[PDB]
Trainee: 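Handing you this structure, nothing more for now.
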Number of protein chains: 2
Amino acid sequence: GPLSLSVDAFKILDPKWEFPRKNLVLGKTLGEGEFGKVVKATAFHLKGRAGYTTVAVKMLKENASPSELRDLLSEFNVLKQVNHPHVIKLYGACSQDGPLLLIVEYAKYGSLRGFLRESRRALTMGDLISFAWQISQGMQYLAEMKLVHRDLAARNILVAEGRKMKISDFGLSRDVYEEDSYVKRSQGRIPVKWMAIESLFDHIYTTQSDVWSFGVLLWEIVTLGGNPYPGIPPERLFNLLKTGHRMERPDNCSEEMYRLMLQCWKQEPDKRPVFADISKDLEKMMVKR
Amino acid sequence: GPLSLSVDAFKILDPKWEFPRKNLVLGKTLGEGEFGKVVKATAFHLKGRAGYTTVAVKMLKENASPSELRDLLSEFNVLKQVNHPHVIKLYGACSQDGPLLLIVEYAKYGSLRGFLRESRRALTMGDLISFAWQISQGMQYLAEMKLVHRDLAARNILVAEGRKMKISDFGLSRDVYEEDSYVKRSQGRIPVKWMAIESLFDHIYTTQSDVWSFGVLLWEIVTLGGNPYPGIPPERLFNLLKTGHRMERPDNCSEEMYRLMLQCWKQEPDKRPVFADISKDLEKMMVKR
Ligand SMILES: COc1cc2c(Nc3ccc(Br)cc3F)ncnc2cc1OCC1CCN(C)CC1
Ligand SMILES: COc1cc2c(Nc3ccc(Br)cc3F)ncnc2cc1OCC1CCN(C)CC1
């Protein structure tokens, strides 16, 4: 099937991306998600860097399904193609003898959500706008490469040295060069509370559904890692969204910030802003403060 | 889409299966898997039982995707239809106001794998054959109801009072009344090392692929909860199975037991035994010992 073909094609291919397993040393587990497991690691003589370099490594969990393996392969295939100061940087993979291991630049502070939840440490509204803005700039880049990310969320953004946002977790990202949508017949593996209404109901994913997600991400940022639609079970989200409900304005959120959230959550995809207008909106808020 | 329809139809339906949330009290987490989370619980005045009854409750994890929600709904829909001494028994669900909670009879010893791994406690080969036989009897029942379970594995069998096997985790089970196969276009969420070769390569699932899985389950039983294809990365399983390799005979396994494993792992589905012959094979081994 499609996977066996990919596995075979792969297992027979770019020396630019091959790293020798014997120069990688694995360490403590940093995180496990629905698709893969990340460890801290160190790499010897990585891409012309002398000595060891501290890195992070993603790999399959115990008892991986074909689905999770398609996702790892595909994340690897997307990571090879993207370069941006605000997208996670790929160094290579070990693929030969042993499990597939993707090697990326280590992000000092880990996930944005963890970073926010551990805060009050003391962050200003200008910091929060700055964080959102860096992501929007990463997103406008991905939108111009004709990728839909699909999994935008505070847990899938990393925070590197000097509080730099790196967009992460490219396993669910799809190419939309041809038709400007990605459509998935069976049910998605993205959490329901981050999904655009037309992704929920109609399985349509676009840059405008990434915008919806960013809307939710903004709320996570503003609430310092709060839980979206708190107390509300995911199954209730069908009826809640279709009848035109959205999340209340949270505490410590301007009216201008909240209106941006709402414009990202418009029922009609075309009424939402594109990432370039989002970046302009955020620059304008930063400067006014 | 299909899910929004199911959610709406559901959220408007059988009093036989409704349990009042206010008579359920939830307790410690027993387990989390790829699809749901199980807690220990107690239920007051459950289905005509006086006082409290100790039960287990399955629910969605944090940040459930549509996929996991389809799975919970569907597990519930299958559990309503099956009754067998060796299939987990369903008591009801809380579905009204609050998250969906499926309530099942509590299995004293938890998962078969955990049960085996904690053993030497002292189990005989006759115990192991007995365990396999009870499962095969459950499976022959499910095969006659025209279900393919798809997720057969030691981790998805529970051990109740008096060492009784309960087949569990019906989220991936499909109806095959019409065509005797279930075919899935996108990639499956069942671990690769339990999957029949035609499920791996061609996305075809039948009773004969459940047999393949039982083959693997037998190995887990015989090795007392060993890890299938140990040391081998899942991605290597395509080429390893297609070139006709299977797992070696493990220690403490008769030649007759091993030949059954191999007959379950035949390349051609039709050469494998049906669950009735499996049960006969196992009865015959029990009696000869
Ligand atoms: C789950 O946590 C991390 C994931 C990382 C991560 N994840 C990741 C995402 C996609 C891919 Br491909 C590979 C990865 F390693 N990449 C780089 N640096 C990371 C760094 C991470 O955390 C670093 C923190 C640093 C602070 N202490 C409190 C805990 C660990
Ligand atoms: C993950 O562990 C369990 C799962 C159970 C379980 N899981 C389950 C499967 C499908 C559905 Br629907 C609902 C469920 F609760 N059902 C009934 N009893 C269970 C009992 C379980 O474990 C009981 C053990 C008992 C022994 N101690 C060491 C730990 C807990």
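The chain called A is the first sequence line; B is the second; the pattern continues. Following the PDB entry, chain A shows residues 700-712, 714-820, 844-1012, kept in their order. Sequence positions for chain B are given in the PDB entry numbering; the residues included correspond to 700-712, 714-820, 844-1012, in order. Ligands are counted one by one from 1 in listed order, and the atoms in each one are counted from 1 as well.
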Trainee: So what drug did they put at ligand 2?
Mentor: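 The drug there is vandetanib.
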Trainee: If you rank chains by contacts with vandetanib (ligand 2), which one has the most, by name in UniProt?
Mentor: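 It sits in most contact with Soluble RET kinase fragment.
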Trainee: Which other chains are heavy-atom neighbours of vandetanib (ligand 2) at a cut-off of 4.0 Å?
Mentor: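 The other chains with a heavy atom that near are B.
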Trainee: Could you check which residue UniProt calls active site in chain B sits nearest to vandetanib (ligand 2), and how many Å separate the closest heavy atoms?
Mentor: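 In chain B, the nearest UniProt active-site residue by heavy atoms is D874(B), 11 Å.
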Trainee: Compute the shortest N/O to N/O distance between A807(B) and vandetanib (ligand 2) and return yes if it is under 3.5 Å, no if not.
Mentor: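 By distance alone, the answer is yes.
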Trainee: Heavy-atom contacts with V804(B) under 4.0 Å: which atoms of vandetanib (ligand 2) show up? List them by number with element.
Mentor: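 So the atoms of vandetanib (ligand 2) that pass are 11 (C), 12 (Br), 13 (C), 14 (C), 15 (F), 16 (N), 17 (C).
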Trainee: With a 4.0 Å cut-off on heavy atoms, does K808(B) reach vandetanib (ligand 2)?
Mentor: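 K808(B) counts as a contact of vandetanib (ligand 2) under the 4.0 Å cut-off.
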Trainee: Which of the numbered atoms in vandetanib (ligand 2) are below 4.0 angstrom from a heavy atom of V738(B)?
Mentor: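 Here the atoms of vandetanib (ligand 2) in question are 4 (C), 7 (N), 8 (C), 14 (C), 15 (F).
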Trainee: Is vandetanib (ligand 2) close to any UniProt-listed semaxanib-binding residue of chain B, that is, with a heavy atom under 4.0 Å, and which ones?
Mentor: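 Going by heavy atoms, UniProt's semaxanib binders that qualify: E805(B), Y806(B), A807(B).
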Trainee: Of all the heavy atoms in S811(B), does at least one lie under 4.0 Å from an atom in vandetanib (ligand 2)?
Mentor: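 Flag not set, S811(B) not near vandetanib (ligand 2).
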Trainee: Please identify which atoms of vandetanib (ligand 2) are closer than 4.0 Å to at least one heavy atom of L730(B).
Mentor: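 Answer, ordered by atom number: 1 (C), 2 (O), 3 (C), 20 (C), 21 (C), 22 (O), 30 (C).
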Trainee: Would you look up which organism the entry lists as the source of chain B?
Mentor: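 According to the deposit, it's Homo sapiens.
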Trainee: Which atoms of vandetanib (ligand 2) are found less than 4.0 Å from any heavy atom of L779(B)?
Mentor: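 Those of vandetanib (ligand 2) that fall under 4.0 Å from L779(B) are 12 (Br).
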Trainee: Answer with yes or no whether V755(B) contacts vandetanib (ligand 2), where contact means a heavy atom under 4.0 Å from a ligand atom.
Mentor: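 Outside the 4.0 Å threshold, so no.
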Trainee: Record the part of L790(B) in heavy-atom contact with vandetanib (ligand 2) below 4.0 Å; permitted values are side chain, backbone, both and neither.
Mentor: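 For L790(B), no heavy atom sits under 4.0 Å from vandetanib (ligand 2).
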Trainee: State the atoms of vandetanib (ligand 2), each with its element, that fall below the 4.0 Å cut-off from a heavy-atom position in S891(B).
Mentor: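 By the 4.0 Å cutoff, the relevant atoms are 9 (C), 10 (C).
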Trainee: Residues of chain B touching vandetanib (ligand 2): which UniProt domain claims most of them?
Mentor: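 Those residues are mainly in the UniProt domain Protein kinase.
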Trainee: Does vandetanib (ligand 2) have any atom sitting under 4.0 Å from a heavy atom of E805(B)?
Mentor: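 The answer is yes, since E805(B) has a heavy atom less than 4.0 Å from vandetanib (ligand 2).
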Trainee: Name the residues that contact vandetanib (ligand 2) at heavy-atom distances below 4.0 Å.
Mentor: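 By heavy-atom distance, those residues are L730(B), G731(B), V738(B), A756(B), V757(B), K758(B), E775(B), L779(B), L802(B), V804(B), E805(B), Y806(B), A807(B), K808(B), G810(B), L881(B), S891(B), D892(B).
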